[PDB]
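Chains are lettered A, B, ... in the order of the sequence lines. Since chain A takes its numbers from the PDB entry, the residues it shows come out as 26-213, 220-259, 268-281, 286-496. Just so it is clear, chain B uses the PDB entry numbers, and the residues here are 26-213, 220-259, 268-281, 286-496, in order. Below, each value reflects all heavy atoms present in this structure, side chains not excepted, and no hydrogens, waters or symmetry copies. Per the header of the entry, the method used was X-ray crystallography, 2.2 Å. For ligands, and for the atoms within them, numbers begin at 1 and follow the listed sequence.
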Protein chains: 2
Amino acid sequence: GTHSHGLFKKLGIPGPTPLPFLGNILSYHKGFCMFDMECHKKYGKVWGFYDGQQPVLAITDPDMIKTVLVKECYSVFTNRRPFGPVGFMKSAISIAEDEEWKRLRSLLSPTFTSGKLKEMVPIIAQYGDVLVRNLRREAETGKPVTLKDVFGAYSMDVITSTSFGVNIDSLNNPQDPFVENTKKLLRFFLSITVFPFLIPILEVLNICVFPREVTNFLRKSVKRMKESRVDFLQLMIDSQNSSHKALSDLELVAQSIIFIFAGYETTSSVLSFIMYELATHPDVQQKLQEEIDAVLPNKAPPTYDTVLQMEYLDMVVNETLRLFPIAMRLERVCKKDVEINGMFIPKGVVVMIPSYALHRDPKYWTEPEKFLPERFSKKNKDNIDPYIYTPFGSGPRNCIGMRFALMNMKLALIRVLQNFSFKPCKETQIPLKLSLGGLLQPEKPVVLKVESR
Amino acid sequence: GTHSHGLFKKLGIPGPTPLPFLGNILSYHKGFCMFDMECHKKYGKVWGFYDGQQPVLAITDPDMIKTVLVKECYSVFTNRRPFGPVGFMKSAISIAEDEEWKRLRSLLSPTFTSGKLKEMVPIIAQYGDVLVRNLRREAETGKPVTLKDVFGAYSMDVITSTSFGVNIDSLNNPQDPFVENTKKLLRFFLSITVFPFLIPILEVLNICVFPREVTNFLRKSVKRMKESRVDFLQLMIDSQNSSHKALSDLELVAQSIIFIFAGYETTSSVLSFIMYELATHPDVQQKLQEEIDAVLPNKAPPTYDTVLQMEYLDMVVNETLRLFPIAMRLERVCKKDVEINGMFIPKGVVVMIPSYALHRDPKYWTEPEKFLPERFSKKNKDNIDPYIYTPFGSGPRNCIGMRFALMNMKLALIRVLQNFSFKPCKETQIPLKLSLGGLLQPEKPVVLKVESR
Ligand code: HEM
Ligand code: HEM
Ligand SMILES: NC(=O)C(c1ccccc1)(c1ccccc1)[C@@H]1CCN(CCc2ccc3c(c2)CCO3)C1
Ligand SMILES: NC(=O)C(c1ccccc1)(c1ccccc1)[C@@H]1CCN(CCc2ccc3c(c2)CCO3)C1
């Protein structure tokens, strides 16, 4: 089981010696992030390891990262590593490959523009009101608040409503049909990465890592609203009634599902990360709350243009994403033999960009382990390399919902800080530790005290 | 197990209704050829069926065949369907895909030219002398001759000698090390086509459909002759010491092995097919023997330029290949969604050209089941469509050893007909029947009487 296990030794590329069949997966016992920082420290700018028999080439040179993510995206590095068994979710944009992804990116792009986001803000604002009343409830109880529930309820509230046009107080309504389905769906893989040779077997088995009932539920659910108002689902329906063939009925369901996966636990974790940093830095929480009340006096409701007016809110969000890039890694499959910036890359290799390691690299960040929003001040922001700081990826296949995610979090933070201050309690994990999973998340959930202003 | 089994029903393309998981493979019980002729008769110009869950789209329009084989070869239809587990034989030109095949086709092309073939004829001639003395031995015994042994011994003689630079009277020397290895190698697949989802499993199993000892044998065997004369092996070594990277040591072994597979049973079967047609048509055998003795009086030895002088020999060979195209089918994988000659072809579909069916189509061939070499006379040959008659494929990925194969067979036929006449005996399968396997071969071996002129 050492096929390809001599690839990096042949290329002269350093890296940890793999074991037969397993590759270097045993080193993942301390997590992706610790493994990336160690390899970066041990082997320098480039190194290779094996997910089972799959060679993975890590790169850290920003010139080389730009070549992979931007310049050679369409011709060489178009796709992420295969993920399955997907079934009909093969039509999702994040799973699609080559021309099929290229077409999906074109049809969905006008839906994620600045203009469309401003027309969705009044919807996001309503769920912000739900977040505040769900928070002040647990605030009544002096007993501390585990944020992942009230924030996860908010994160799922917005993302499924926008993606499917429904309305739910998901916390106070565990009964709505569009809730229980989305709940078991968002509960989420191993040997599919270590042993990806089984995926074709798993596919023909009719196996779907997505539950079979939820997918059949959402399909008939979207067909319900065909018989008919500014949401992801609605903006995609308008794209059908328009070059590329329009989004099919099944493709449309695939995109709405993939938006919930890319948006639920991602937003919920960053919101818990942000509030942990604001609780352990009262001055930053004070300076932020003072900015919100200046832009929005008398607890004025937030709007699209006022959110972009809050520079310190943008600095706090960006600095949290540097410390906690929940994707941890960016990956591209080398579709054909190429040489970039004076280095040969063999066809089939997975090229990985260790975002977590690069975000905490002392060579680019003074005291990289400290939460310091002034790194993103208008003075100091010009020194940050866009290919070192990559919380939303980069190039033509970056996070297409990036603008929305930032708006959605900022809108939640404004509505929460306008009403509450946040302090740590005796059970808050200080220092916070990271869980060893496929998304960067706090090891133990963030528990904080929530006082009412 | 009906994924993709609704593809042709959706496209409106006719074809036999598949069974779950199996597809249409049960219809293969009477062979590829009978199944292709029936579908052609039943459904007309185009139809689709399923090798398991693999959609196969059959086309018969010569304009559309030209588009697939020639015009859209490099951009859409570059590859045959996957074949494995191959191991290091992935570097063989017939197995290689996309740019890797494109490079191999360039490096090997100058080796299969008209000029190089003329320099190999003196080597092929020697094994022709071995064929005659091996034939006159069984001719001494009035007992009939099973041709597949004396011809198979000749076919393996030439193809392995040219591909590896050795010399063997393989019939009279079952002791030479380069014989027993080539023998067990040439003895040769099922669910790899019906259930190709297992190939990745079989690969990581370290399974090699090629025996593990023979491959390790030939590698050290080629390295023996590195320490050093007009053969395939020698012409490839000269290509290394020369744009594309040169043939590696392992790639060179892969090509020499793939030449033996493409050349042994193919040549041996056509030679048995040809001699069956000459035995059951004494006038054609007479007219051919009269041509050989006019071009080559006094049983003169054949040369390169005299072989191309024998038009009737070329007509007999070509007419045998129409009746018996041992590949039976040409196949290309549609690498991306395309429309050709007003018909949509989905990505991933296997496009198949039913050569056997087209060669016996009454719409192009008057009495297509009769052996009639005059179809290829200088008068009548202009009416034959090169995309209907495709015994060696067509386009940039056709049989690269085509010129050699025709020369090798013609040289054997000249040397055999100069000495012997061939008549059927009471055990000759008349009418000959075809075996139901992956290569077109006589059901029962051809047994004939061999008189000495
Ligand atoms: C804090 C929130 C989020 C973070 C940190 C995040 C991060 C990322 C990252 C790193 C990628 C891969 C980029 C690359 O490989 O270059 C990605 C892809 C993607 N994200 Fe986000 N994401 C967030 C929220 C969202 C939301 C709310 C949506 C809503 C639609 C979304 C939709 C997508 C999609 C569709 C892709 C795949 C794009 C493609 O393959 O073309 N994400 N995300
Ligand atoms: C009567 C003898 C032969 C017949 C009928 C025959 C037939 C064929 C056919 C139909 C193909 C596929 C063409 C296509 O898909 O368009 C092929 C491919 C090939 N043949 Fe032959 N063949 C014969 C002898 C030989 C010999 C003696 C060699 C010696 C090297 C050879 C080497 C090859 C190779 C390397 C390929 C693969 C070409 C590629 O994939 O680029 N063949 N053959
Ligand atoms: N299509 C894909 O490969 C996925 C994807 C990966 C990175 C960015 C976007 C999308 C995906 C599959 C299915 C559902 C959601 C996401 C991969 C396949 C396995 N990995 C597991 C979980 C995951 C990892 C990173 C991450 C996200 C999810 C969202 C943004 O980053 C997600
Ligand atoms: N590379 C390939 O796909 C092969 C190939 C197929 C058609 C033309 C050329 C090559 C091959 C694989 C391994 C060894 C020899 C040939 C295929 C894979 C399975 N099929 C089985 C036997 C076979 C079928 C048709 C035929 C030949 C061999 C030689 C010319 O036609 C051969």
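The drug candidate or drug found at ligand 4 is named darifenacin. The name UniProt gives to the main binding partner of darifenacin (ligand 4) in this structure is Cytochrome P450 3A4. Other chains with any heavy atom closer than 4.0 Å to darifenacin (ligand 4): B.
Among all protein heavy atoms, the one lying closest to atom 30 (C) of darifenacin (ligand 4) is B/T309 CG2, 4.4 Å. Considering only non-hydrogen atoms, atom 29 (C) of darifenacin (ligand 4) lies nearest to B/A305 out of B/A305, B/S119, B/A117.
Nearest protein neighbour of atom 25 (C) of darifenacin (ligand 4), counting heavy atoms only, is B/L482 CD2, 3.6 Å. Within the set B/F302, B/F435, B/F304, B/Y307, the minimum heavy-atom distance to atom 15 (C) of darifenacin (ligand 4) is found for B/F304.
Closest to atom 14 (C) of darifenacin (ligand 4) among all protein heavy atoms lies B/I301 CD1, 3.4 Å. Under 4.0 angstrom from darifenacin (ligand 4), there are no non-hydrogen atoms of B/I369. Source organism (PDB entry) for chain B: Homo sapiens.
Shortest contact from atom 6 (C) of darifenacin (ligand 4) to any protein heavy atom: B/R105 CD, 4.4 Å.
At a distance under 4.0 Å, no protein heavy atom can be found next to atom 32 (C) of darifenacin (ligand 4). Of the protein's heavy atoms, none falls inside 4.0 Å of atom 22 (C) of darifenacin (ligand 4). Near B/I120, meaning under 4.0 Å from one of its heavy atoms, darifenacin (ligand 4) places the atoms 1 (N).
The protein does not reach atom 17 (C) of darifenacin (ligand 4) closely, with no heavy atom under 4.0 angstrom from it.
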